[PDB]
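Written below as structure tokens is the structure these notes are about.
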Amino acid sequence: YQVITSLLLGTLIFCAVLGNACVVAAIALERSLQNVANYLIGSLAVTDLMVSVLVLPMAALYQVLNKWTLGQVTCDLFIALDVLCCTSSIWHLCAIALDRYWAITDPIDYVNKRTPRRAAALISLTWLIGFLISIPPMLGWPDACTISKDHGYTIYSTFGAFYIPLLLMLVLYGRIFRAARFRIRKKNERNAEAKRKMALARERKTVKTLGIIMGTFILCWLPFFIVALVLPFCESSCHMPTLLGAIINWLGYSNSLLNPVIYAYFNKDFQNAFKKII
Amino acid sequence: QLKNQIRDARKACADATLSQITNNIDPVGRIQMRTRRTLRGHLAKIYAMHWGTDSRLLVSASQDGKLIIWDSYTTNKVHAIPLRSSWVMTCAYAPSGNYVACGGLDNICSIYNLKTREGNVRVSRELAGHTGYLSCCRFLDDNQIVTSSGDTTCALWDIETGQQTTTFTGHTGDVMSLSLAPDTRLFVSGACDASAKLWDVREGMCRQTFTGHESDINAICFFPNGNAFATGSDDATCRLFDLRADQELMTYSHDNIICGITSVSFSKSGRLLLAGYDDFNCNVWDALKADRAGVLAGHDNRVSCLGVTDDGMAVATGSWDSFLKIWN
Amino acid sequence: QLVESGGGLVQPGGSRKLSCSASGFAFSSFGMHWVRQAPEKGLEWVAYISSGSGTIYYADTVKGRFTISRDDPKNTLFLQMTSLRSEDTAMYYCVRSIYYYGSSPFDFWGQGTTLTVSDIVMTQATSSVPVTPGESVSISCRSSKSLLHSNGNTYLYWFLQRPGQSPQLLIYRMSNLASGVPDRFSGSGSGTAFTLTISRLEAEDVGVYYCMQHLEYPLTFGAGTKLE
Amino acid sequence: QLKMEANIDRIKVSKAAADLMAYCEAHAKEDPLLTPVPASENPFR
Amino acid sequence: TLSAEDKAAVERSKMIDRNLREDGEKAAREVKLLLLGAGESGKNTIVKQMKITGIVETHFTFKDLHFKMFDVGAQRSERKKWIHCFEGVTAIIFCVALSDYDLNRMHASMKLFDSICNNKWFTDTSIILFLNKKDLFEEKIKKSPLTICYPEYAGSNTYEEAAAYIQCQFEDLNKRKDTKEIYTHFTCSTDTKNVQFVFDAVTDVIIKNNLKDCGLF
Ligand SMILES: CC(C)CCC[C@@H](C)[C@H]1CC[C@H]2[C@@H]3CC=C4C[C@@H](O)CC[C@]4(C)[C@H]3CC[C@]12C
Ligand SMILES: CC(C)CCC[C@@H](C)[C@H]1CC[C@H]2[C@@H]3CC=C4C[C@@H](O)CC[C@]4(C)[C@H]3CC[C@]12C
Ligand SMILES: CC(C)CCC[C@@H](C)[C@H]1CC[C@H]2[C@@H]3CC=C4C[C@@H](O)CC[C@]4(C)[C@H]3CC[C@]12C
Ligand SMILES: CC(C)CCC[C@@H](C)[C@H]1CC[C@H]2[C@@H]3CC=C4C[C@@H](O)CC[C@]4(C)[C@H]3CC[C@]12C
Ligand SMILES: CC(C)CCC[C@@H](C)[C@H]1CC[C@H]2[C@@H]3CC=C4C[C@@H](O)CC[C@]4(C)[C@H]3CC[C@]12C
Ligand SMILES: CCCCCCCCCCCCCCCC(=O)O
Ligand SMILES: CNC[C@@H]1OCCc2ccsc21
């Protein structure tokens, strides 16, 4: 049993580290990838890399051994790092969404006022939110590692880490969907047919892109945070299996792998840069 | 009619090709030049650069409205001159180092004084009179300068008076490049009519016309001894012409080179011919045998200008990448 | 031109602000120095402020008491002097200085303003040298440390202070001749020993010749050799 | 202009090639790019 | 950089870099437009209402957005040898006179439009097409038929039909409709209309470029 799970978790961690490192290296190697949007994407990749380096190996060790062997101090350190980095990744997604919304709806701001200071401020805000959500358990709170079950704290952390960013991402990308739809819909009958076909293709592209983004976010994180919210309030009856809990928890961790796939490798500029480097 | 006479004379004087005569000398071998300095700070495409006669300072003009003077040894920026027109297509460096010049889609040529008592670079004079974009400019003295433009004419200017003492005419298209002879008594020009002409600065009339290119000649350079020059055109080939023989001596082309040449230069001894390409590569050519000795592949967008120091120590290559690399 | 003001009688332990109004050049591009000269002694470097005020240096004998600042929009240079001692009594000059490859620092000196409070050692061999017009003269200098740097520049400077006039740069970096200096003057030397040679001396060359090193920041001067 | 260009004195191509070869050989030692200049005297390394 | 005045040179270089970066930031906030068209196309009135010896540069601000318009048509030199200098302009403004049936001259304008639009440098650059002098065109069409310029034109000799025909002929020249768009405006005497159309076209260009970057276009 231990062999297969250890191999799979090692493969997951290796792929996460490799992908995030490739994204960070590409942003630095090529000069065409250095801009505000790519700064935000690179910051997200760095956060995912730190997740894969600091949090994922300890979590995988815990999962394979089925018990925590590194003591209480290491348990607290692991919990703090996990919460901080996961919250930072989620809010990095949120900040990318906000930047895209501003770029798509406010072109005068895009031309006149958009500067890398914006990216720096957004990254600072994401890390600030992560630190704010990670600190409480270490301040105001040995065979197993488990985060605080306090009702107030679970509500606070879940809402500040997933549900609030979930709502803001949904709203911002709905407005972006409306803007894109408005821009798309805004012997010559052959040309009219061609225009209609092009508009329909662009609408399908918009739907596919928003679906990929939001669906990856939801599939990776929603089950974990639903479980986190409901379990402490109903532990007396929610005796869910350890297998399902582990699967959900590693669905949450897997977002570190998928984030680069969505935001850099699917990006035309990034893949062109990768081909150029190789 | 005289075209037939010229062709007959040229074929009569053509007995042996340069390649056959040069088969008796050993090849240069691999020329692995490596980037010693990367001069960065231009925020747009670099269109021209020139070395100082001290072989340490160089000036590069770009379309961000600035032409910068670098200390190539330390990469320090000695000066950064703002331009009234940001469409600068060329730049020059006076032999004495006192002045620099530039021009572009504004048909004027601006001359800047670097040694002003006030501590700042001032526009010494603006030379107007061309009716087309300025393609090239080269100082003869601190008081004389020869320029070429898309007007299809070149002109020699008296900077003090500000009027063109001599006007050179005869090209059927835009004049794209120009090179002064080592003694500055003759110069050659390449034009979009796929021909090059040798001009007498003193007399002000054309001496010889060299043909053979299939497209616009973008770059031209004099062989160090002053009795030959190399042209680079859009047909993806460089060519070497000899003034005395009035003939083509050797063409530098390769099958996998399918883009035009933007720059041309020679090494101090004249053994290596260096040429920039739209393939964002500079190919070093064994000038005597046409073999490609090396490739200076370090640029991304396009190599638009390159030059070799008077010392022969290094070769700089500007590019649309907005960086200059110094190879040695 | 540089015009200085702010000198005069001062009681010991007081304070005074010396100012220099710079006109006729791009003050913002030049680094500015303050150089003083006791009433009958040689020159002494005081302080330096670079272009953009990014770097400031002080003499060990003024550090903490003297403050140097710029007003680029108004093209005015200031020197705040506090706890003035009796030894601070000296004529104060403001010296233009721009640093880039091939520049000539210390080229233009101000007229000075008198204040009256009521290290590479460099020695000049001779104090006075009798001479008449038409002769060839050589002024000798020596430094405790080699002024030749790894980059090949020998940072020696020669200044001529004619009687009743502010010093004017003659030679910079031991070989180069400052613009406007007659071709009579030529500088040479190597390492720690240098000389200044005047060919076909004229009556206008009468004065005191000062040597200065610019290898290190204290900017030591020589004692000064007089021709008469 | 052909009236004057047609009457220019011309030399053999072989002589021109020989002159170019002679110039290249005479100044071969004076070309830092052609020869492997040591790092001691190379101003950029 | 180990001597007194070899460090001041480095400080000077750092200051120069600072100024260059500031100037580059300042120049990246200005929308750059390329103005093209024949001499009789009405470019002069367009420029005059914007602002109200080779390249001519025009600066004007409309609703917080700075425009720089480069009137290159002053020089007869070969176009392919300097057109790449304008790679990266936000949009191209093309001026055409609907009264160009004198020399036809409409054919020359169409050839120039085809040459510019399908250029390899302007693959992504959109075109803001101005069809100027519609009043004199309306006088001409009454005086003379459009068949003098378009024999294949079978429609009626009226403003609407002829103007629509001209617009369709000009918009049919771009071979890369999947990449760029053409914004056609029949210039009106009211000055504000032309600047408003330029602003709208540039705003749409910027928005659609951002949508492309996000992967939504
Ligand atoms: C597409 C990728 C990135 C994500 C989807 C697959 C992920 C979530 C899969 C791949 C391998 C999986 C692990 C493989 C083995 C085990 C051991 C088992 O006793 C509990 C579940 C656990 C720990 C799995 C959790 C989920 C997991 C990490
Ligand atoms: C989950 C662990 C244990 C095993 C699998 C790890 C690696 C190989 C997985 C995880 C995420 C995966 C990627 C997720 C999504 C896509 C997009 C699809 O259109 C092509 C394949 C591609 C690009 C996948 C390739 C394989 C991949 C990189
Ligand atoms: C904790 C583990 C995962 C290590 C994380 C190290 C991170 C923070 C490292 C790896 C690569 C680094 C980058 C490498 C190169 C540059 C370019 C430079 O001009 C600014 C700093 C910057 C952008 C670095 C920032 C820090 C960086 C992103
Ligand atoms: C153009 C100039 C101004 C560059 C600006 C780059 C800024 C906006 C971006 C690029 C990549 C970013 C860094 C990427 C990685 C991390 C590691 C993390 O633990 C702290 C934040 C930090 C250090 C980020 C700070 C902001 C950052 C440096
Ligand atoms: C952690 C891993 C296992 C989760 C992976 C979930 C991904 C692959 C899912 C979730 C949402 C999905 C998308 C939802 C909606 C659409 C729009 C439709 O017109 C095309 C398919 C497309 C674009 C789907 C593709 C697959 C998708 C992106
Ligand atoms: C497991 C940790 C992985 C960390 C990966 C970090 C990769 C950093 C690469 C830096 C490349 C710097 C290139 C600079 C080029 C330039 O001069 O612009
Ligand atoms: C999968 N680990 C995520 C981490 O697990 C502890 C609780 C919490 C709140 C935000 S993130 C997070």
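Note on naming: letters A, B, ... go to the chains in the order of the sequence lines (proteins, then strands), and numbering restarts at 1 for each one. All values below were derived from every heavy atom in this structure, side-chain atoms included, with hydrogens, water molecules and symmetry-related copies excluded. First listed ligand is number 1; within each ligand, the first listed atom is number 1.
- Drug at ligand 7: ulotaront.
- Of all chains here, the one making more contacts with ulotaront (ligand 7) than any other appears in UniProt as 5-hydroxytryptamine receptor 1A.
- Every other chain with a heavy atom under 4.0 Å from ulotaront (ligand 7) is named here: A.
- Within 4.0 Å of ulotaront (ligand 7), judged by non-hydrogen atoms, the site holds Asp82(A), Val83(A), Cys86(A), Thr87(A), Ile147(A), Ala161(A), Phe224(A), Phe225(A).
- Heavy atom under 4.0 Å from ulotaront (ligand 7), chain A, UniProt transmembrane numbering from the N terminus: segments 3, 5, 6.
- Among the serotonin-binding residues UniProt records for chain A, the set within 4.0 Å of ulotaront (ligand 7) by heavy-atom distance is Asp82(A), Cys86(A).
- Looking around ulotaront (ligand 7), I see no other ligands or ions under 4.0 Å away.
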